[PDB]
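Naming convention: chains lettered A, B, ... in sequence-line order (proteins, then strands); numbering from 1 in each chain. Heads up, header says this was done by electron microscopy, 2.6 Å. Only a slice of the deposited entry appears, and the contacts counted are all within that slice.
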Amino acid sequence: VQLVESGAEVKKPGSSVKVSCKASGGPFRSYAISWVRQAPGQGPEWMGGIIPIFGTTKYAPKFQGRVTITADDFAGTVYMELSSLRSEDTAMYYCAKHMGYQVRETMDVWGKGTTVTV
Amino acid sequence: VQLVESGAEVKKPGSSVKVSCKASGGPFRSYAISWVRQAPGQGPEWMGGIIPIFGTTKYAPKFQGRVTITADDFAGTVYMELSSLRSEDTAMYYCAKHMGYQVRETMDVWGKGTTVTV
Amino acid sequence: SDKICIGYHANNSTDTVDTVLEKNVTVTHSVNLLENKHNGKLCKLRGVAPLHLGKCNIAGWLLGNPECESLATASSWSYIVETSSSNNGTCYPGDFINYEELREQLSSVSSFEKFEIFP
Amino acid sequence: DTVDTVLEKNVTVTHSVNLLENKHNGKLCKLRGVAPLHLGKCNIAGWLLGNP
Amino acid sequence: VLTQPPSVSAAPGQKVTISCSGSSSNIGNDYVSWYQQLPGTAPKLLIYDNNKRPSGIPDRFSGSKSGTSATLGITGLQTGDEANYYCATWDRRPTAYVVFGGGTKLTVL
Amino acid sequence: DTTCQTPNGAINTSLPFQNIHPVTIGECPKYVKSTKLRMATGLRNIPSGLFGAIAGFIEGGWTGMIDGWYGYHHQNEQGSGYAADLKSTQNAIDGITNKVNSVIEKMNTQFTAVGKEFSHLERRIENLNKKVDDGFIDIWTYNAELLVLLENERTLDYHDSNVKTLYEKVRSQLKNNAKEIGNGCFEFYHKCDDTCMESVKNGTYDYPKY
Amino acid sequence: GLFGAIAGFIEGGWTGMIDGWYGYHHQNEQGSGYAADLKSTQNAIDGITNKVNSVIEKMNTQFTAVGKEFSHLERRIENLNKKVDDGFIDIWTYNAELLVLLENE
Ligand SMILES: *[C@@H]1O[C@H](CO)[C@@H](O[C@@H]2O[C@H](CO)[C@@H](O[C@@H]3O[C@H](CO)[C@@H](O)[C@H](O)[C@@H]3O)[C@H](O)[C@H]2NC(C)=O)[C@H](O)[C@H]1NC(C)=O
Ligand SMILES: *[C@@H]1O[C@H](CO)[C@@H](O)[C@H](O)[C@H]1NC(C)=O
Ligand SMILES: *[C@@H]1O[C@H](CO)[C@@H](O)[C@H](O)[C@H]1NC(C)=O
Ligand SMILES: *[C@@H]1O[C@H](CO)[C@@H](O)[C@H](O)[C@H]1NC(C)=O
Ligand SMILES: *[C@@H]1O[C@H](CO)[C@@H](O)[C@H](O)[C@H]1NC(C)=O
């Protein structure tokens, strides 16, 4: 399984950015997918994830209210959109896959990532 | 479900009359079908009925020996034939459907009927 | 000591069906989905008689062959019937140009009116 | 959402997917960044022959 | 054979009861159904399983059975309820066959 | 007077298939090269499976039960007798009729289809036409035969499961007041009169009372 | 059903279980609550996704396919072309409908 993201993004304060993640193999997955970001010189942070078939989405309390995670199942794509963008939102973004169908602490495969700049 | 009979019949004493009843929907049915007649100014009378798949036919003892009920399953039609017709056989005829696969007292859908005259 | 039992149905039927795992299985009830019977006649289609050429063919019928004088009255039909012995076509030797196209065109015609174009 | 079975019809299920598409936008549009050629009142013969 | 009173009459807005009396071979050991018939129209089912109502029948029609006699009750009598009411049962001993009642003519004033 | 006509003769039927002639005029059934196409609607006949009920621990059927597919046989001081089960038989009938209707509706009727004529300098298109006709005929014959073969097995397994479900229900109702003696029968530890048997069959057996 | 579990001796489902397909409900002195079963749900999810992917991969994508033109003296080949098109369309419609009907059961 290989997870690839879109290109780098440079935007303006107060805008909204939508990024995508594509996974190899069959269009339908049996594992959950989460989004993780890292600030320069800081540890990773977790926004939220999406669950197959059931379709429920979970978000962290810090990003609650301004992050949206959706999935296109027949295209095998996962989209994450951030709104009300600010100065601190510049970071390095990855989409990570889990071992099972539930969101947990164990992410075994990570993507290369993309950079978001304000 | 809609049950439609054939046209009116006018015949002669000693003849034989065959009437038909057609039901809407799929050609194969899961309910029994009975034949009921009414005389002018009289209450209804029950001749007999037919059962799906099993194909058994039941008749009243008054009409036993001179009534025959058959079914064309692929055409979705049920025929009733009366022989040795007499003067009293003039009446108003209906085909009625039951709730289940067995002949019983509960007929929930009736046809418009046809008139048989001698 | 009083008893109750559970069972199923059985009769004297002798119809058999085929399965991917076993052949000739006798069942209590079944239906037939194949028809293999006809009456062996050429018959009218919904109240309209066909057109039977007989000893003539399309070319001999349309051209007016002397052997097809019985076909000069037909004006309506449901379908056209031909025989393997239909050989009275063009008596004078020659070539009929686009004969099969004419047959295809006539294969979708139900009636015509014959009139004298040049008296 | 309901699905159809060979033994029963209109069975409500907890989850399902749709495999048929029946929606379009009702326009003639470019194919991968290249516009089509619309003849209009002319046909191929009048386009190639140089009709006035 | 089931027997009913030949005719019952009442003013509109009232409640009427029609009795279907048989024997222990027809009513005493089997259910009873109640049908309604209008002039020129086929009979219409009102009551089945001795107290159950098919979809579309107004609540004011009710039925019951007590031993060998069944009863049908109509409340809120209207002008359109003047029709013939029949009781049917599945007689079963020599040769089972559906038996209809004698018929009762309900007249509204 | 007819509705469907072939060069061999007229066809007067409502069945969905025929094997008389590929050329037809009117409203005619689909043509297949098969010789037999029979669809099962009842169970296996044993006058005298995946779930092991029919021809399993219940070795044979009953010719004394005439009004149903599955039922009971009881015997007590009053007398013995058979009685069919209505709910399971009704559900099975609904399923089987639905299956037959679904099979019928998936095969559309055949309209007019007559041959063409070609000259002696048009052999390639003639061969192409013949190839198309033969290919379509073969495909439809294969489809029909495979469908019948699979649905027969599914029906037999359906009935085999329907018997075992009823057996398990009756066993669950008779937890400890009855003894399981095999062959599908239970022997009561107490006196079960007609009312008790009726309650057992209905589905409201009073375990604490007995 | 063929096994008599769903709508059999277990008459209805639970709307309080939200994180799985099959699970348990317990009640004791400490308290009551639901809990989904992970292994069976995971195996079922794997099987269902495999089935959907297998269905998807067996139907290839349609490429360009436009019509042809024939004159007034070429009716036989025109009819042959129309017959071929209609036959293929009917065959594929039948295949799709039958596949869906069987896989649901
Ligand atoms: C309509 O078709 C029939 C055949 O079905 C035509 O009759 C056939 O006409 C040919 C003409 O060449 C005959 O062949 C000749 O027969 C004589 C007999 O003595 C022989 O000496 C010649 O060497 C040659 O073979 C053929 O016999 C004859 N057949 C029959 C059964 O009469 C008929 O002429 C056609 N009518 C038309 C075109 O108006
Ligand atoms: C089966 O028995 C019935 C009478 O019970 C009889 O009418 C029928 O002809 C028999 N069928 C065969 C195939 O012998
Ligand atoms: C099934 O029965 C037919 C007719 O008796 C027979 O010709 C055929 O060989 C049988 N099939 C098998 C597999 O024995
Ligand atoms: C299934 O539902 C549709 C929509 O209500 C209805 O039109 C159709 O008749 C239903 N099918 C059956 C078999 O009742
Ligand atoms: C038979 O079962 C039905 C099912 O609810 C119940 O209503 C009825 O009271 C039962 N009758 C007897 C005599 O146990």
ask   = Which chain is the chief contact partner of chains B and E here, under the naming of the PDB entry?
value = hemagglutinin
inquiry  = Can you tell me what they call the drug at chains B and E?
reply    = CR6261
Chains under 4.5 Å from CR6261 (chains B and E) (heavy-atom) = C, F
message = Counting only non-hydrogen atoms closer than 4.5 Å, does B/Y101 touch chain F with its backbone (N, CA, C, O), its side chain (CB onward), both, or neither?
response = both
key: Contact winner vs chain B (CR6261) - F/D94, F/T89, F/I96, F/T41, heavy-atom pairs under 4.5 Å   = F/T89
inquiry  = Could you tell me which organism the entry lists for chain F?
reply    = Influenza A virus
ask   = Counting heavy-atom pairs under 4.5 Å to chain B (CR6261), which of F/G42, F/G68, F/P16 comes out on top?
value = F/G68
query = For chain F, which chain of CR6261 (chains B and E) contributes the most non-hydrogen atom pairs at less than 4.5 Å?
reply = chain B
F/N98, part contacting chain B (CR6261), at a heavy-atom distance under 4.5 Å = neither
query = For CR6261 (chains B and E), which residues of chain F belong to the epitope, using heavy atoms and a cut-off of 4.5 Å?
reply = F/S14, F/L15, F/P16, F/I66, F/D67, F/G68, F/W69, F/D85, F/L86, F/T89, F/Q90, F/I93, F/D94, F/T97, F/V100, F/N101, F/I104
query = What residues of CR6261 (chains B and E) count as paratope against chain F under a heavy-atom cut-off of 4.5 Å?
reply = B/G26, B/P27, B/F28, B/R29, B/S30, B/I53, B/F54, B/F74, B/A75, B/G100, B/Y101, B/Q102
